[PDB]
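Monacolin J acid methylbutanoyltransferase bound by simvastatin acid.
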Amino acid sequence: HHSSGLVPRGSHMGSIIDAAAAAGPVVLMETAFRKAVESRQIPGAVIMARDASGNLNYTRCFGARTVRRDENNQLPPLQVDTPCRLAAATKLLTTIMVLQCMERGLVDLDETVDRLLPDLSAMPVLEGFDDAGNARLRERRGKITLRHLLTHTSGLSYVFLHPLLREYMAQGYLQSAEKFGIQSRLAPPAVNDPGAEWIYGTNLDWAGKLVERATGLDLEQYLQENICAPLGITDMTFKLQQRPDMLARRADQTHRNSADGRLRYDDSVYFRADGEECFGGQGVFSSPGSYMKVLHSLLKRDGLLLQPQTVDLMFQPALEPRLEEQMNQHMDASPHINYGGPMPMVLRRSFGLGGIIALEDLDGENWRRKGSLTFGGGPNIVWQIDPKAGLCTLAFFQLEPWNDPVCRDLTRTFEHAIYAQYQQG
Ligand SMILES: CCC(C)(C)C(=O)O[C@H]1C[C@@H](C)C=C2C=C[C@H](C)[C@H](CC[C@@H](O)C[C@@H](O)CC(=O)O)[C@H]21
């Protein structure tokens, strides 16, 4: 029997083991993250999950925001409020800003870009190269609309992804299209006509210019007034170099070397210069906490950023059958790029406004459902919103290259565990 005036706890090996039940999925998953930090496989990570109701409000932070030791010879922690490089996780923010312009009657999604982006309309299509080493350029067929930009179906690509453009750079055509070591996302030509194929490209850099020109505000000021202010966010900016308080606390980028799998400090150009202009495809710095506030508002359909019916538009498959099948073919054949991060490498998908849409359940009732929206950012950041499950999640790393196996595996383990314990319906 228990001791007088003391709580009856476990008094021997039998009842102490039985004092608490076995470890559930989330506890086991946290141990995997702690082991990855301890064994030096990752620098650190922040993982977050929320439902609409508020009953799920889960945030865990592991490890360091850098591999560089501080003034006290320590590795400072990656925190929920640590300023991080979002890279392509910026695209969701820019998509929201575009849709607000639509709501306010400043733009129409199906109007051609010619009016606000005559500099894009005038850009030719790079068809190939001549034998002497000269670009063969031609006129675009059909018009680019704002909806082509939001769905990556405009004909635009990225220089570091398409072979025609990689050659274009090698020939010296983009020597003068860069400042502070940051290359312009507006200078390079298109590689196809609009509507022809899904191609990942500088579409949101152009869409951000459209927002600036539609509103008469620079994207930074538009961001502050229309996304940050309504959510009470004070640390989300294109202009990190103008915020000494964020600079003093920011993450460093870490890179994993292909040869020995070791983590090294990545002296990224993006952390020493903001660049002259706001690039809505890649340019925002923020904390995981503030990014989750964006995801959560969208999940809740609380009208703080967009009207609920406009948010619903983001989750609708935007691609006609021909493009849907071409995008899926491309993505299935490109696991070395892997736009979908932790998702199964073969999956029926479409593209919405702001990310990839799952057209089927990822694993029946165990994980993300049909209708879920997702994308990511370079440093292994992955976000998703799942209206059917009533969940949104984010996994924030500051580690390149994209599609790192350790990060992807941990991210999958995180989501699986959260869905197993907390998914509803
Ligand atoms: C500039 C990087 C960008 C496009 C904003 C970005 O976040 O896309 C990420 C997001 C992810 C969902 C899909 C991606 C598709 C293709 C790439 C492997 C890309 C990461 C490339 C990056 O590791 C190297 C660049 O940073 C080079 C440069 O900036 O010149 C990666």
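Residue numbers start at 1 and run along the sequence shown. Whatever order the structure lists them in is the order used to number ligands and atoms, beginning at 1. Just the heavy atoms: all of them, side chains too, but no hydrogens, waters or symmetry mates, feed the values below.
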Residues binding 2-methylbutanoate per UniProt in chain A, non-hydrogen atom under 4.0 Å from simvastatin acid (ligand 1): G378
Proximity of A88 to simvastatin acid (ligand 1) by residue part, where a heavy atom lies under 4.0 Å: both
Close-contact set for simvastatin acid (ligand 1) against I337 heavy atoms, below 4.0 Å: 15 (C), 16 (C)
Shortest protein heavy-atom distance from atom 23 (O) of simvastatin acid (ligand 1), along with the residue and atom involved: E400 OE1, 3.0 Å
Heavy-atom nearest neighbour of atom 28 (C) of simvastatin acid (ligand 1) within options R85, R185, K91, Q183: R185
UniProt-listed monacolin J-binding residues in chain A closer than 4.0 Å to simvastatin acid (ligand 1) (heavy atoms): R185, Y200, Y270, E400, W402
Protein contact to atom 14 (C) of simvastatin acid (ligand 1) [nearest heavy atom, distance to 0.1 Å]: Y200 CE2, 3.9 Å
Simvastatin acid (ligand 1): covalent attachment (residue, atom): none
Where simvastatin acid (ligand 1) meets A87 - atom numbers and elements under 4.0 angstrom, heavy-atom basis: 7 (O)
Under-4.0 Å heavy-atom contact with simvastatin acid (ligand 1), by part of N338 that carries it: neither
Distance filter under 4.0 Å to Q282 heavy atoms, resulting simvastatin acid (ligand 1) atoms: 1 (C), 5 (C)
Candidate with minimal heavy-atom separation from atom 2 (C) of simvastatin acid (ligand 1), of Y270, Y158, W402, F160: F160
Residues near simvastatin acid (ligand 1), heavy-atom distance under 4.0 Å: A87, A88, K91, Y158, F160, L161, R185, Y200, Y270, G281, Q282, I337, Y339, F375, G376, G377, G378, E400, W402
Distance dump, simvastatin acid (ligand 1) polar atoms to protein, N/O, under 3.5 Å:
residue, atom, partner, partner atom, Å
simvastatin acid (ligand 1), 7 (O), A88, N, 3.0
simvastatin acid (ligand 1), 7 (O), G378, N, 2.9
simvastatin acid (ligand 1), 23 (O), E400, OE1, 3.0
simvastatin acid (ligand 1), 29 (O), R185, NH2, 3.3
simvastatin acid (ligand 1), 29 (O), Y270, OH, 2.7

